Peer 1: 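What follows is a structure written as structure tokens; I'll ask about it next.
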Amino acid sequence: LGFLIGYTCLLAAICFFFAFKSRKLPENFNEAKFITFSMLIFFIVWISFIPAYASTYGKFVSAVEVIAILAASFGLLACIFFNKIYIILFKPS
Amino acid sequence: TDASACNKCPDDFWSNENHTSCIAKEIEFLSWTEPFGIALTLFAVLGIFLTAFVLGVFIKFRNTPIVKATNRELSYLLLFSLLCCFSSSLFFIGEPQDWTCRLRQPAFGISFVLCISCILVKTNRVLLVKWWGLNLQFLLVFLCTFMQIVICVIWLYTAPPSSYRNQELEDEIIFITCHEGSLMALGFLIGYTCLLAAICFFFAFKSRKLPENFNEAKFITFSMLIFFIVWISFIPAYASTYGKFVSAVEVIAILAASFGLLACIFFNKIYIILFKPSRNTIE
Ligand SMILES: CC(C)CCC[C@@H](C)[C@H]1CC[C@H]2[C@@H]3CC=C4C[C@@H](O)CC[C@]4(C)[C@H]3CC[C@]12C
Ligand SMILES: C[C@@H](NCCCc1cccc(C(F)(F)F)c1)c1cccc2ccccc12
Ligand SMILES: C[C@@H](NCCCc1cccc(C(F)(F)F)c1)c1cccc2ccccc12
Ligand SMILES: *[C@@H]1O[C@H](CO)[C@@H](O)[C@H](O)[C@H]1NC(C)=O
């Protein structure tokens, strides 16, 4: 499980690097803000739950995982696709 | 030898494994020399070191007019506030003595207000939206800070925090925590800080596209969003921990908020002042 977590964290860091390197692309092709904010949301949510995962081991040890998953993946969705959906529907160009 | 009835062990004491003698319960609490504590205080001191290095950079290149466009004098106050905010994290990791519990939250609160209000006042387009010219921004930020100082002082005078020694969670382990007394004053403190941060976020949200000193108003927005993310994810992370790892989560949130405020907002200037694009600064 530790290696399974570490590989995902490493790919998240590589995602950070790719977002930083893709900073200068035109507006439609530049998603550096959204990628970096998604990765920040994922990392912040999962790091903040470290004491909870390391201390509680009852019913809350799985509720913590559920809320952390539903926060990280929802942050991914909101950061990546929500702005594009808004710019397509609410403010067409 | 011949006991008609075993007598209960006294307070702060517990029976041995074989119920022969009595031993004392344990003073479980977050401290240093722990796999969790040492890394955390290492991160705190690293934050202090980075903040001091950035302050030294701003002092060294103090005459270059890259920094002169954003109230250079106020930047030192911001950096000192960041020092104090980082240092306030070390209060949650120590022994929960009497004085620590009375000050751990107020210290970080005054630090963060002296930080966010200073950022909000820093906006050169809002200073002018005869006591001006020599000190105008300082008084405006000082009123906002002073409001928080007085609410802190009324909370510290009316219902001072106390170092609650709690042993109901574990019968054999004593947990040294901190009690606040009146939670409504702490709620008012947190609400006022959040309102000030939201005001800063709103004021920075309208100037995203203006490249005022390297698109600073966009990174105000980024830092405020990071702060709100951190303190909205701290809510479920806090009301889940039971034990020594409860003063280790608010301190993690403090470190995250301080990092988001410092790096996002100053590294723009730092990566141009001293890095390879050194000959990219201009008036
Ligand atoms: C230092 C690490 C550990 C955390 C801090 C975040 C770093 C990686 C990020 C936050 C915002 C980023 C900056 C965003 C925009 C630009 C403008 C560009 O013209 C030079 C790089 C620069 C200035 C980036 C450098 C990297 C940066 C400072
Ligand atoms: C859902 C989760 N299962 C164990 C959580 C351990 C954990 C608890 C608290 C904090 C952290 C972390 F921050 F260190 F990641 C991990 C999981 C499963 C599979 C892959 C994952 C990749 C990243 C994160 C979680 C992953
Ligand atoms: C550090 C953090 N409070 C710590 C205790 C949390 C708590 C513990 C127990 C009860 C409650 C609550 F019920 F009041 F919410 C909260 C804090 C301190 C100061 C200013 C702040 C401003 C913004 C964000 C956080 C701030
Ligand atoms: C039982 O209690 C403790 C074990 O934790 C031990 O120190 C003590 O000597 C024991 N008493 C006996 C074996 O009589």
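Lettering follows sequence order; numbering is per chain, from 1. Ligands are counted one by one from 1 in listed order, and the atoms in each one are counted from 1 as well. As a textbook-style caveat: the illustration shows part of the entry, and contacts are counted within that part alone. Atom set for the values below is all heavy atoms of this structure, side chains included, hydrogens, waters and symmetry mates excluded.
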Peer 1: Give the name, out of enarodustat, prochlorperazine, cinacalcet, of the drug at ligand 2.
Peer 2: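 It's cinacalcet.
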Peer 1: Mind checking which chain cinacalcet (ligand 2) touches most? I'd like its name from UniProt.
Peer 2: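 By most contacts, it's Extracellular calcium-sensing receptor.
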Peer 1: Under a 4.0 Å cut-off, which other chains come into heavy-atom contact with cinacalcet (ligand 2)?
Peer 2: A
Peer 1: Which other ligands or ions lie close to cinacalcet (ligand 2), meaning under 4.0 Å away?
Peer 2: none
Peer 1: Which residues lie close to cinacalcet (ligand 2), i.e. with a heavy atom under 4.0 Å?
Peer 2: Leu4(A), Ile5(A), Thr8(A), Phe42(A), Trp46(A), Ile47(A), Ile50(A), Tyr53(A), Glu65(A), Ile69(A)
